[PDB]
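Drug bound: meclofenamic acid. Macromolecule: Aldo-keto reductase family 1 member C1.
Numbers in chain A come straight from the PDB entry, and the residues shown are 6-323, in order. One-based numbering, in listed order, for ligands and for the atoms of each. Per the header of the entry, the method used was X-ray crystallography, 2.2 Å. Just so you know, these numbers use all the heavy atoms, side chains as well, and skip hydrogens, waters and symmetry mates.
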Amino acid sequence: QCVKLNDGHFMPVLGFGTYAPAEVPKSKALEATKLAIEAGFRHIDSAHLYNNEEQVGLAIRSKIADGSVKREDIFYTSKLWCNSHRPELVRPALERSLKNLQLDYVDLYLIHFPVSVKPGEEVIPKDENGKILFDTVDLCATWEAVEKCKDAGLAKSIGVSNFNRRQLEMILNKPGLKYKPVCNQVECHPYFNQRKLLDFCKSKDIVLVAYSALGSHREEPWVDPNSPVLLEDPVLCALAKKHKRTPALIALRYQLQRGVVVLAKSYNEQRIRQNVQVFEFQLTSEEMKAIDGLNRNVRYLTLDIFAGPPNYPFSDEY
Ligand SMILES: NC(=O)c1ccc[n+]([C@@H]2O[C@H](COP(=O)([O-])OP(=O)(O)OC[C@H]3O[C@@H](n4cnc5c(N)ncnc54)[C@H](OP(=O)(O)O)[C@@H]3O)[C@@H](O)[C@H]2O)c1
Ligand SMILES: Cc1ccc(Cl)c(Nc2ccccc2C(=O)O)c1Cl
């Protein structure tokens, strides 16, 4: 149920997504994460950006309090947001997440997105024309500061998110590198299966962690409603009928069988319980190949909001 990371720690291969659209009230993240843990999730994904770490930590700590799990059974990821890329601000951001969580360490701390914005409590600062107030930070300098968080024991493992290949080689080839990224958390699903980036990550012992593995929240204005609905896919639905599963389950199983660690968000008790059944069955080689054909280079989360600056990850081929 776990993949060994390039730093020797273990990451459960199914992870619970906690991000939800802003309209969802904060209290739902607490109850959803508790259900997820009860249902069998041990890997929990959050971030400063999500504004739920107080609730997600309470949920985690509640299931420790009631004897469900031990701290060491839980793999909790946080992420450094773009307003704290500056080296001096990286540890303060990690310590703020920890005080919010009331946890002593995160199992994994990621650079969330490689484009920096102006420091300040505003996660998306903007000028009067509505344009983003970008910042100028050496991402290698950011990484050195993330590394010291591992030195200090505040983050068991460290990694990146939304990095392309050239950005991974920039970390990888940096002089004096102490710690490789253990993972690169990116959008990945049968409509955007990241085959090329996945093959690169493997080459460097970097785990690819798939987000929007189920086709994403589809929340406007982040995703176009005219994009195809992954979970309405004819092939996924046929494999669902054949296996007596669901299309979400097919989508999730596909990643596990190609060596991708897979996130899955849901605030619904029924589907939270359904999704941990990804371990109960398996796809054949021919079904895997059919799902491979579904690729349409369809990115749900383009994050145009942050395009323009060079660090914008999604302009390269991969
Ligand atoms: N840049 C980043 O690092 C980044 C970006 C995006 C996401 N993420 C992270 O990774 C997670 C990925 O999820 P996501 O939020 O993009 O969405 P997702 O996991 O791809 O899909 C979530 C959506 O699918 C629905 N769903 C869940 N289980 C289902 C099931 N069994 N059957 C049918 N529908 C189901 C959910 O509705 P219900 O809640 O009603 O079930 C919700 O509308 C996020 O929560 C977040 O932790 C990271
Ligand atoms: C503005 C901006 C820029 C980059 C990312 Cl990664 C995000 N993050 C998300 C955007 C939409 C939905 C979910 C997220 C997420 O990171 O989970 C945002 Cl809000």
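To find every copy of meclofenamic acid, look at ligand 2. For meclofenamic acid, the closest UniProt active-site residue in chain A and the least heavy-atom distance to 1 Å are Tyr55, 3 Å. With a 4.0 Å heavy-atom cut-off, meclofenamic acid is reached by the side chain of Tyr55 but not by its N, CA, C or O.
In chain A, the residues that UniProt lists as binding substrate and that have a heavy atom under 4.0 Å from meclofenamic acid are these: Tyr24, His117, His222, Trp227.
Residue contacts with meclofenamic acid, taken as heavy atom pairs separated by less than 4.0 Å, do not involve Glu224 at all. Per the entry, the organism of origin for chain A is Homo sapiens.
Within the 4.0 Å heavy-atom shell around meclofenamic acid one does not find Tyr305. Looking at UniProt's NADP(+) binders in chain A, a heavy atom closer than 4.0 Å to meclofenamic acid shows up in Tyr24, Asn167, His222. According to the deposition, there is no covalent link from meclofenamic acid to a chain.
Only the side chain of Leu54 comes within 4.0 Å of meclofenamic acid, judged by heavy-atom distances. Looking around meclofenamic acid, I see these other ligands or ions under 4.0 Å away: ligand 1 (NADP nicotinamide-adenine-dinucleotide phosphate). For meclofenamic acid, the atoms lying closer than 4.0 Å to a non-hydrogen atom of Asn167 are 6 (Cl). Residues touching meclofenamic acid within 4.0 Å, heavy atoms only: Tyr24, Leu54, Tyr55, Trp86, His117, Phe118, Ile129, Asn167, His222, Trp227, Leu306, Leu308, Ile310, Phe311.
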Taking a 3.5 Å cut-off between nitrogen or oxygen atoms, can you list every pair linking meclofenamic acid to the protein, with distances?
from	atom 1	to	atom 2	distance (Å)
meclofenamic acid	16 (O)	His117	NE2	2.9
meclofenamic acid	17 (O)	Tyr55	OH	2.6

